[PDB]
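Following the PDB entry, chain A residues are numbered 1093-1135, 1144-1279, 1286-1401, in order. Side chains are part of it too, since the values below use all heavy atoms of this structure and drop only hydrogens, waters and symmetry mates. Ligands are counted one by one from 1 in listed order, and the atoms in each one are counted from 1 as well.
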Amino acid sequence: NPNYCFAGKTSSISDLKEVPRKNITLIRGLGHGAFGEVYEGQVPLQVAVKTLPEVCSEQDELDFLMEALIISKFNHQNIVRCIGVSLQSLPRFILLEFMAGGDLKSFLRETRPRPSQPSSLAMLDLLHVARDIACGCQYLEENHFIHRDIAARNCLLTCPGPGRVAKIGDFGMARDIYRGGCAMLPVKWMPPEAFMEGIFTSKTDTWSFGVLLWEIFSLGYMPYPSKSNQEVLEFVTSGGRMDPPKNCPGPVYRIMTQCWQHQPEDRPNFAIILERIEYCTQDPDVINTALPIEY
Ligand SMILES: C[C@H]1Oc2cc(cnc2N)-c2c(nn(C)c2C#N)CN(C)C(=O)c2ccc(F)cc21
């Protein structure tokens, strides 16, 4: 059975916390992917249940196992907790911290300020989400883990309302690479050396975080609007970068453009990104900036 190494320790399937199946109740579907369903569950501990299809390959099984190992080994407030697993019964379960706010992309789109609720969100809310995820990314960086797929679709929120905390909630790409196709690669989140050379470092995630920042401050738009993957690949390789999201303060856009420096050595590490995000939250002219209310 497969092993996983993180920090200075090596772990095994036998290390995962197995929860007896009889203690687990499924409540409702949470919007299931195209491979594996996700449910709200109870163990009365509230959890999210990620399932493995009983109709799957040998590699599917091992991928599912690896994901559990990866998430169970992290210990940070901005990475979702793994409650445990139920692997000895079928279909197999991974039990995660329940994040009632859902994924970040849907949240941003669903919670955009509107004529009905014109103050659903403010600039400081967006800066706090970005700070939360940057804090998770800094943890990964200082522990030498490369996520490879930092994007709003892979972040979750503890709740819809003001006290929300954002966390990285999916590690499927890092799992795939740890051991597929061109049209499935998230090229719109990738730096040139990543999609040209297949070189990944912590500065890979820095670039992707810049794109996440744009997703956040655009309130859930798809990156490079109207551009296809190949067009973006050629655009970015030639020095092209996204314009500021609508109403985006200059100090915030400046963080994005630094994350997108062509040379990875010219891009900030996450300690520096965090310092700059914090300076934005202190600037009244940033946080007093009104977000666009779409009619
Ligand atoms: C594995 C899954 O985890 C959770 C999903 C949810 C809550 N808590 C956890 N742990 C969730 C979602 N939507 N809604 C309405 C809820 C609720 N309540 C998002 N979703 C369907 C996903 O598949 C998904 C997407 C991204 C990601 F990073 C992890 C996940």
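- As for ligand 1, the drug there is PF-06463922.
- Per UniProt, the macromolecule making the most contacts with PF-06463922 here is ALK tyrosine kinase receptor.
- The proximity of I1268 to PF-06463922, defined as any non-hydrogen pair under 4.0 Å, does not occur for either the backbone or the side chain.
- For atom 17 (C) of PF-06463922, the nearest non-hydrogen atom from the set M1199, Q1146, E1210 belongs to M1199.
- At a heavy-atom cutoff of 4.0 Å, PF-06463922 is contacted by no atom of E1132, backbone or side chain.
- Counting protein heavy atoms only, atom 2 (C) of PF-06463922 is closest to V1130 CG1, 4.1 Å.
- Of all protein heavy atoms, the one closest to atom 14 (N) of PF-06463922 is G1202 CA, 3.7 Å.
- On a distance-only criterion, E1197 and PF-06463922 share at least one N/O pair closer than 3.5 Å.
- Of the protein's non-hydrogen atoms, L1256 CD2, 4.1 Å is the one closest to atom 30 (C) of PF-06463922.
- Residues of chain A near PF-06463922 cluster mainly in the UniProt domain Protein kinase.
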